[PDB]
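Tanezumab complexed to Beta-nerve growth factor, as determined in this entry.
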Amino acid sequence: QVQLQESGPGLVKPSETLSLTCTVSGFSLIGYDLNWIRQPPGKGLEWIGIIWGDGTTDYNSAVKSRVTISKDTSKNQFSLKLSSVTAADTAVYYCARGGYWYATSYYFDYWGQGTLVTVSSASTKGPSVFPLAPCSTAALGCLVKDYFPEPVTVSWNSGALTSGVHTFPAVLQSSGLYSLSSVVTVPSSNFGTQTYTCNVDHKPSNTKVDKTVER
Amino acid sequence: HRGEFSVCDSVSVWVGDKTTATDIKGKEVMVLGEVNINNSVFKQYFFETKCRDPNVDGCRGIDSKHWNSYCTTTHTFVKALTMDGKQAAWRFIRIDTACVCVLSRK
Amino acid sequence: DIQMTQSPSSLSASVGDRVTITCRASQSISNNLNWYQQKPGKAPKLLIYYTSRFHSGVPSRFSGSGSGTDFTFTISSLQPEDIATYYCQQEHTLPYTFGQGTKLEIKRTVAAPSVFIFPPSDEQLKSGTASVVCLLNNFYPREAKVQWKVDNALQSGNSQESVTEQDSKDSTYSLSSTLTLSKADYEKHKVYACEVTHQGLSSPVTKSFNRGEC
């Protein structure tokens with residue numbers, strides 16, 4: 001029943017203002033606190049601020065002068081605004097609701113899945129998708145090349161195929177563009193009528209690609 | 001410190017939409033949306049803890065062979081700006097504060 | 001600001017093992033310490049609050065202990081699904097601070113990779129670039145060597161590789177290596193080989209194709 005989902009642009013230009021909303025369900029925004037926590041790529045967690053049930057806020061001193069946390073109870077939403085943005089702000093931003101066990105204990109019980117925000121002067125570039133097929137236990141895949149910024153999500157057969165799937169971390173090329181591969185392993189004689197489609201989504205450029213890979 | 005579980009499951013929230021409460025005199029009273037000091041007005045909020053639906057897992061870890069038991073919501077008195085009649089009143093109201101296990105002999 | 005220092009930063013242990021993670025606060029936080037588990041690609045999940053209290057859906061194998069400045073997180077019988085980064089979190093004062101995290105991996109038996117090679121597609125060739133892909137599937141340990149050969153010439157500085165996070169069921173890893181060439185250079189050679197060295201392979205295994213037969 002409790003759901004949190006953050007949204008915002010994956011790309012913000014340096015010195016501009018970062019803008020994230022957290023859309024919720026299952027609880028009242030009046031009776032619960034909302035926290036914003038961030039995680040730079042390959043790094044630890046950092047609490048940025050809080051909006052208590054009453055509407056009062058408190059922000060971490062490290063970011064304080066640039067932070068704005070608000071809430072729209074009518075839209076079941078919480079906002080986060082981070083002004084005068086720098087590369088130190090590139091991170092996965094999480095919205096987490098606080099929970100209490102009396103006034104004795106406080107904890108972040110429900111989290112969103114996080115949205116990656118990249119700070120760069122560089123432009124958004126949608127990917128090119130290429131098939132990964134053998135020349136001749138069989139493997140196939142998709143190569144999601146030349147995209148910026150991260151991320152790219154890859155699903156197979158509209159999420160109906162999950163067993164044998166490996167979507168690899170993106171690799172940063174010399175061109176400053178990202179590239180990834182998603183692969184799926186299948187038994188040698190599981191074809192005949194079997195279609196394999198990789199569903200590539202790159203929200204920053206608003207690109208959706210459905211690539212059908214043939215034997 | 002050592003406690004892994006509660007004998008009674010509870011729920012703690014901020015209450016910002018309170019309109020009625022029974023005062024210390026046991027009489028139903030209207031609770032105001034706003035209070036003030038010499039300068040600023042504040043919206044009336046309360047922190048409340050109560051039992052989760054069953055009243056639990058009978059409390060958890062109770063010696064059933066010897067005791068009957070149940071989780072029950074207990075209260076506290078909190079000051080709140082209310083309306084007694086025509087006049088506004090800063091009075092003690094009864095609000096949900098805990099969920100405790102109560103025993104009964106078999 | 002209270003600083004949380006976790007130890008060790010990383011740990012490998014076998015299935016069935018007892019694992020102990022430590023958290024140390026700069027000032028006393030009494031019992032106001034929470035533990036989170038973050039699975040690869042997932043948001044952190046609350047396990048323990050108020051030093052030792054269990055949250056909903058947490059295994060009986062997990063536990064928390066401590067007071068003031070010293071805290072502990074224990075896994076009594078480590079399972080393959082416990083692969084994650086664990087974080088302790090102070091809630092004694094604002095700002096809330098987390099420890100740097102403890103990456104937990106699993107020591108497993110040797111599993112040799114299953115190797116696959118993929119030539120560049122005709123549609124990518126149209127663009128002027130050739131990407132040859134090598135897949136190393138479900139192996140253990142993580143260490144593995146991929147040598148690209150083009151008409152028996154060992155390639156270097158023209159490939160990039162990626163490794164997946166440890167699988168939560170079989171505790172193996174998978175790797176993909178992309179060899180990047182231009183259409184011109186690709187069209188001037190015949191044999192594209194991917195040679196794999198791994199502890200599970202008695203001798204290196206080679207997977208190859210001949211350009212113009214795909």
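Here is how names work: the chains are called A, B, and so on, in the same order as the sequence lines, proteins then strands, and each is numbered from 1. No hydrogens, no waters, no symmetry mates; every other heavy atom, side chains included, goes into these values.
Counting repeats, the structure shows tanezumab at chains A and C. Counting only non-hydrogen atoms within 4.5 Å, the epitope of tanezumab (chains A and C) on chain B consists of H1(B), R2(B), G3(B), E4(B), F5(B), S6(B), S10(B), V11(B), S12(B), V13(B), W14(B), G16(B), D17(B), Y45(B), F47(B), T49(B), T97(B), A98(B), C99(B). Using non-hydrogen atoms and a cut-off of 4.5 Å, the paratope of tanezumab (chains A and C) toward chain B is given by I30(A), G31(A), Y32(A), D33(A), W52(A), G53(A), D54(A), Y100(A), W101(A), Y102(A), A103(A), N31(C), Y50(C), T51(C), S52(C), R53(C), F54(C), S63(C), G66(C), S67(C).
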Between chain B and chain A (tanezumab), are any donor-acceptor pairs under 3.5 Å, and how far apart is each one to 0.1 Å?
residue	atom	partner	partner atom	Å
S12(B)	OG	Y102(A)	N	3.2
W14(B)	N	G31(A)	O	3.1
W14(B)	NE1	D33(A)	OD1	2.7
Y45(B)	OH	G53(A)	O	3.4
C99(B)	N	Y102(A)	OH	3.2
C99(B)	O	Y102(A)	OH	3.4

